[PDB]
Amino acid sequence: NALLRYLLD
Amino acid sequence: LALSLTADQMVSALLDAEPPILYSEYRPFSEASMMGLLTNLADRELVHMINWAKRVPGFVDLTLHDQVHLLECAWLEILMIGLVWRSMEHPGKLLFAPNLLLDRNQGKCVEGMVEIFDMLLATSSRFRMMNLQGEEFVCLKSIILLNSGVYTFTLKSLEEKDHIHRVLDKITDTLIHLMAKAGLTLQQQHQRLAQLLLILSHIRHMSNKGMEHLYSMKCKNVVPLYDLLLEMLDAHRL
Ligand SMILES: C[C@]12CC[C@@H]3c4ccc(O)cc4CC[C@H]3[C@@H]1CC[C@@H]2O
């Protein structure tokens, strides 16, 4: 899950 | 917290959050070589778009899942308005990057892309004729991300819809404040707000046509598609 991983970082 | 910012703080915020300009990899282009460059560029810019979003005042207050749905439907309108904006001072050319200045005729090198270029160029001139300002530009790009998928998100969704509409209102106050500070007459301010807001319409339309073309090119195996870019491409059909 690209998009998600970047919203959490 | 975001709802408590003044017109000047919101302007500053957004001005700081702008993403950087990226370069393109280094005689005439081929259908494949040209989509390969644009796609490699759009894929690098989305990573930056994810982190510009998070700095837009109020975006992080949304549930993660609304954050995704918003980026998922607005990514190609956000890429389009940045392009129009950096092409503003180059009549007849689209500045994909500082080392990739394409014109209408290079648009013909890829099947069915010229129509798409023709509209980006017309919006670019439209913004030149109105003399769009950098402060306005940053406000428009935020309205575009907040208005992409609010009519597509039930008790927490109505709650998230209202918060979203509250940010939109503050951005509308900001834009009105920018025009007042440059001395537009009261009448003149709502004539310019509405003209800026009708260009979003055209942007939404360039976007829908842009997805179709992209997905065509992908289904013809014309270009391999990047991990993050594929993911986002799939959010529209799916
Ligand atoms: C998605 C497309 C390739 C990537 C293009 C791009 C790539 C980078 C960028 O900053 C803006 C744009 C806008 C137009 C996009 C094109 C719309 C049609 C085409 O398939």
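Going down the sequence lines, the chains are called A, B, C, and so on. Since chain A takes its numbers from the PDB entry, the residues it shows come out as 742-750. Chain B residue numbers are taken from the PDB entry; in order, the displayed residues are 306-331, 335-461, 465-549. Order of listing sets the numbers, starting from 1, for every ligand and every atom in it. Hydrogens, waters and symmetry mates are skipped; everything else that's a heavy atom, side chains included, is used. Technique stated in the header: X-ray crystallography, 2.4 Å.
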Problem set entry | ligand 1 drug | estradiol
Exercise. Of all chains near estradiol (ligand 1), which one has the greatest contact count, and what is it called in UniProt?
Worked result: Estrogen receptor
For this session: Using a heavy-atom cut-off of 4.0 Å, list the other chains contacting estradiol (ligand 1).
Result: B
Problem set entry | Proximal atoms of estradiol (ligand 1) relative to B:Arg394 (non-hydrogen, under 4.0 Å) | 10 (O)
Exercise. Most contacts to estradiol (ligand 1) come from which UniProt domain of chain B?
Worked result: NR LBD
Problem set entry | Whether B:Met343 lies under 4.0 Å from estradiol (ligand 1), heavy atom | yes
Exercise. Looking at the entry, what source organism goes with chain B?
Worked result: Homo sapiens
For this session: Number the atoms of estradiol (ligand 1) from 1 as they appear, then name those within less than 4.0 Å of a heavy atom of B:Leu387, with their elements.
Result: 11 (C)
Problem set entry | Option of least heavy-atom distance to atom 17 (C) of estradiol (ligand 1) (set: B:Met388, B:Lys529, B:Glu353) | B:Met388
For this session: Taking only heavy atoms of B:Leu525 into account, list the atoms of estradiol (ligand 1) that are under 4.0 Å away from them.
Result: 20 (O)
For this session: Decide whether the shortest distance between a heavy atom of B:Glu423 and an atom of estradiol (ligand 1) is less than 4.0 Å.
Result: no
For this session: Measure from atom 15 (C) of estradiol (ligand 1) to every heavy atom in B:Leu346, B:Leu384, B:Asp351 and give the option owning the shortest one.
Result: B:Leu384
